[PDB]
S.K.: 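The following entry includes chloramphenicol; I'd like to go through it with you.
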Amino acid sequence: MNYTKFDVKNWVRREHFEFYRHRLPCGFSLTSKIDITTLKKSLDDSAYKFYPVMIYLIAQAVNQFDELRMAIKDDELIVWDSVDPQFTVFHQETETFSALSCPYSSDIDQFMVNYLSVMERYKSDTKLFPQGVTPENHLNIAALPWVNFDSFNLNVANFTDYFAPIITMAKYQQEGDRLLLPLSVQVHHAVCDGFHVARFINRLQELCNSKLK
Amino acid sequence: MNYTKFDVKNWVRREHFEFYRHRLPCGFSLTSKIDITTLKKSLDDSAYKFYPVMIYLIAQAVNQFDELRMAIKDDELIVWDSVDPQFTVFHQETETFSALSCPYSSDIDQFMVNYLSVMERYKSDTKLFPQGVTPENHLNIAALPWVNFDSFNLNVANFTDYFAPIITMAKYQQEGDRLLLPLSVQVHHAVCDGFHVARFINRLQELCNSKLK
Amino acid sequence: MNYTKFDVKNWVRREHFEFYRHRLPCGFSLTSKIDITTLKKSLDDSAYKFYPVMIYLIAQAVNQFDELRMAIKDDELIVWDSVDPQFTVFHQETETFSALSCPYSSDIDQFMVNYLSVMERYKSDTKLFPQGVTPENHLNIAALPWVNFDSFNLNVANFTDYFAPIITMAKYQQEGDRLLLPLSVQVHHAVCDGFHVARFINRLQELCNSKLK
Ligand SMILES: O=C(N[C@H](CO)[C@H](O)c1ccc([N+](=O)[O-])cc1)C(Cl)Cl
Ligand SMILES: O=C(N[C@H](CO)[C@H](O)c1ccc([N+](=O)[O-])cc1)C(Cl)Cl
Ligand SMILES: O=C(N[C@H](CO)[C@H](O)c1ccc([N+](=O)[O-])cc1)C(Cl)Cl
Ligand SMILES: [Co+2]
Ligand SMILES: [Co+2]
Ligand SMILES: [Co+2]
Ligand SMILES: [Co+2]
Ligand SMILES: [Co+2]
Ligand SMILES: [Co+2]
């Protein structure tokens with residue numbers, strides 16, 4: 001299948017996993033500022049657009065780390081081989097959003113073909129989930145482009161066993177020499193530590209700072 | 001009455017409303033910095049005081065948007081025609097707070113008469129709710145004037161169907177050329193999207209930037 | 001014993017206490033930036049290290065205020081005479097953390113002897129709680145040294161009657177003339193108001209700004 005059954009008895013965080021999944025169920029959010037000065041220059045010298053690039057770069061970082069691709073399936077801890085981004089789409093006419101997903105690809109050009117195509121087919125589709133059920137192997141990416149925020153947190157009544165990372169971006173802004181993007185990351189404590197979140201962000205910063213292709 | 005029964009079957013966010021009210025109950029908070037450089041100048045050239053002005057400006061923005069005045073009454077979704085601010089009051093002697101409310105008025109001078117009068121009557125009243133029950137048509141405004149914060153979030157055990165926006169301000173501070181006020185907004189996802197929150201903040205920023213009268 | 005039964009009927013926040021402990025159970029988090037320019041200079045001129053100093057200074061501020069040392073014991077509200085820090089320890093080999101605690105002492109040198117000794121004994125102990133049960137009189141201190149954050153919030157499924165403050169620090173960073181440390185404080189509303197949190201932070205800032213000995 002497109003996942004592997006994870007070895008829970010020989011894993012180093014096995015005590016942690018049960019602690020934060022059942023004894024003390026919890027998660028955490030942290031918002032950090034990502035330096036997008038270099039990425040703006042690269043976007044500038046290409047035909048790619050900001051949102052799709054951020055989706056692609058977020059999914060790329062997510063797909064490099066096992067702990068951000070965890071889930072429970074048939075009462076077992078699995079690791080997705082790969083995850084596809086589920087992102088929000090604003091409808092300026094209705095002032096409502098839809099949530100769309102498209103296959104992740106390592107090739108940035110193929111990713112762009114996927115995004116545009118799905119963006120093509122459901123552009124004016126105001127259902128909350130135009131495509132139907134959300135793929136099991138997903139990551140959530142949202143965007144708040146109209147306002148800059150220093151912090152964002154989702155207060156959820158019931159989060160038992162939902163391990164997919166929640167990522168939210170705000171409007172970027174010039175802070176002296178740098179163009180900074182606020183990025184909120186919300187994770188479940190059973191599968192992720194502060195280290196795992198820092199790693200992802202640091203990795204995401206690297207990617208912003210590198211050639212697109 | 002002072003409210004209108006909202007048309008839920010012909011509303012564009014009807015799927016959203018049920019999704020986030022029952023399938024996935026949740027809310028979110030975001031803290032943004034409001035530029036109060038212009039407002040400080042206007043306060044300077046008047047006799048008005050900062051807290052009352054912020055209460056008045058917050059209630060004014062809130063009263064312009066339907067989605068921030070929503071509630072459930074007799075198991076139905078209503079929109080308040082208008083809402084009155086319920087704000088916190090610090091008692092320096094006891095080191096405790098009370099929560100007071102006063103009628104909103106479009107006329108800033110009449111608002112000030114209301115605030116001073118209620119502030120007059122319950123100045124030394126250390127009950128948590130001096131006035132009695134909190135009016136159904138309300139908004140919550142709190143202030144933390146002793147410390148600046150980049151983020152604030154209320155972790156509530158049970159928030160089912162409480163749709164009134166929660167607004168919290170921190171101590172303002174000079175960030176170069178600007179006087180910035182941290183403002184945390186906490187809302188329920190059933191009635192508000194990220195767009196609706198951005199709109200409010202952008203509108204609030206406009207108001208700070210305009211004549212008081 | 002090492003605690004005193006608190007006088008709930010003659011306390012000024014008694015209505016507040018029941019309100020936020022049972023009628024409206026909730027807490028809040030706030031992240032503020034602590035100016036550590038002065039502390040860096042003092043660390044520089046000594047042999048002490050940053051994490052241990054921050055633990056010591058956090059526990060010192062906490063031990064000055066009753067409301068941050070509250071608990072329920074045998075269904076009664078107690079105040080700990082004193083609390084010991086429980087802090088996280090990263091294991092670079094396994095990439096997992098443990099939580100350790102050591103006795104608080106007013107003497108900074110004795111504190112350092114305690115920390116090093118416990119750090120000595122369980123350096124390579126990868127259990128989540130190497131020492132066993134966590135002392136009842138504790139405070140939680142965590143650190144995220146790999147990334148800077150503007151906000152941090154723990155989303156906990158069940159927090160009834162746990163009154164110990166949760167403090168989390170991020171990687172510090174140069175913001176012009178200042179070295180700023182992000183510090184998230186998470187508290188239960190029954191025992192702490194915004195005032196009580198501001199007071200702690202202001203007190204913590206003072207301590208950073210003062211001689212170590
Ligand atoms: O609800 C969704 N997204 C919103 C958009 O504002 C938000 O990002 C969110 C994501 C996950 C979530 N959860 O899993 O509890 C709650 C809200 C998607 Cl699942 Cl459609
Ligand atoms: O509790 C109140 N205010 C506090 C003050 O610190 C805070 O602003 C708050 C507001 C709303 C709330 N809620 O609705 O769950 C909880 C806390 C008012 Cl309802 Cl009196
Ligand atoms: O879980 C713990 N610490 C984590 C570390 O990331 C976090 O600081 C935390 C603290 C308290 C908590 N709680 O009491 O619900 C939850 C998480 C300690 Cl109790 Cl070991
Ligand atoms: Co279990
Ligand atoms: Co792979
Ligand atoms: Co329903
Ligand atoms: Co009107
Ligand atoms: Co009770
Ligand atoms: Co003492």
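All chains are named by letter (A, B, ...) in the order of the sequence lines, taking the proteins before the strands, and each is independently numbered beginning at 1. For the numbers below, each heavy atom of this structure counts, side chains included, while hydrogens, waters and symmetry mates do not. Quick check of the header: X-ray crystallography, 2.3 Å. In each ligand, atom 1 is the first atom listed, and ligand 1 is the first ligand listed.
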S.K.: What parts of this PDB structure belong to chloramphenicol?
M.R.: ligands 1, 2 and 3
S.K.: Which chain contacts chloramphenicol (ligand 2) the most here, in the terms used by the PDB entry?
M.R.: type III chloramphenicol acetyltransferase
S.K.: Give the letters of all other chains with a heavy atom closer than 4.0 Å to chloramphenicol (ligand 2).
M.R.: B, C
S.K.: Output the list of atoms in chloramphenicol (ligand 2) that are nearer than 4.0 Å to some heavy atom of B:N140, sorted by atom number.
M.R.: 19 (Cl)
S.K.: List every atom of chloramphenicol (ligand 2) that sits less than 4.0 Å from any heavy atom of B:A99, numbering the atoms from 1 in the order shown and giving each element.
M.R.: 20 (Cl)
S.K.: Below 4.0 angstrom from a heavy atom of B:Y162, which chloramphenicol (ligand 2) atoms are there? Numbered from 1 as shown, please.
M.R.: 14 (O)
S.K.: Heavy-atom distance to atom 4 (C) of chloramphenicol (ligand 2): which of C:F195, C:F19, C:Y20 wins?
M.R.: C:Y20
S.K.: With a heavy-atom distance limit of 4.0 Å, tell me whether C:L24 approaches chloramphenicol (ligand 2) through its side chain, its backbone, both, or neither.
M.R.: side chain
S.K.: Looking only at heavy atoms of B:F159, does any of them come nearer than 4.0 Å to an atom of chloramphenicol (ligand 2)?
M.R.: no
S.K.: Enumerate the atoms of chloramphenicol (ligand 2) whose separation from the nearest heavy atom of C:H189 is less than 4.0 angstrom.
M.R.: 5 (C), 6 (O)
S.K.: Which atoms of chloramphenicol (ligand 2) have any heavy atom of B:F129 under 4.0 Å away?
M.R.: 20 (Cl)
S.K.: Which species is recorded as the source of chain B in this PDB entry?
M.R.: Escherichia coli
S.K.: So, anything else - ligands, ions - within less than 4.0 Å of chloramphenicol (ligand 2)?
M.R.: none
S.K.: Only heavy atoms of B:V156, strictly under 4.0 Å: list the atoms of chloramphenicol (ligand 2) that pass.
M.R.: 15 (O)
S.K.: Which residues and nucleotides contact chloramphenicol (ligand 2) at a heavy-atom distance below 4.0 Å?
M.R.: B:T88, B:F97, B:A99, B:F129, B:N140, B:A142, B:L154, B:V156, B:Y162, B:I166, C:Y20, C:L24, C:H189
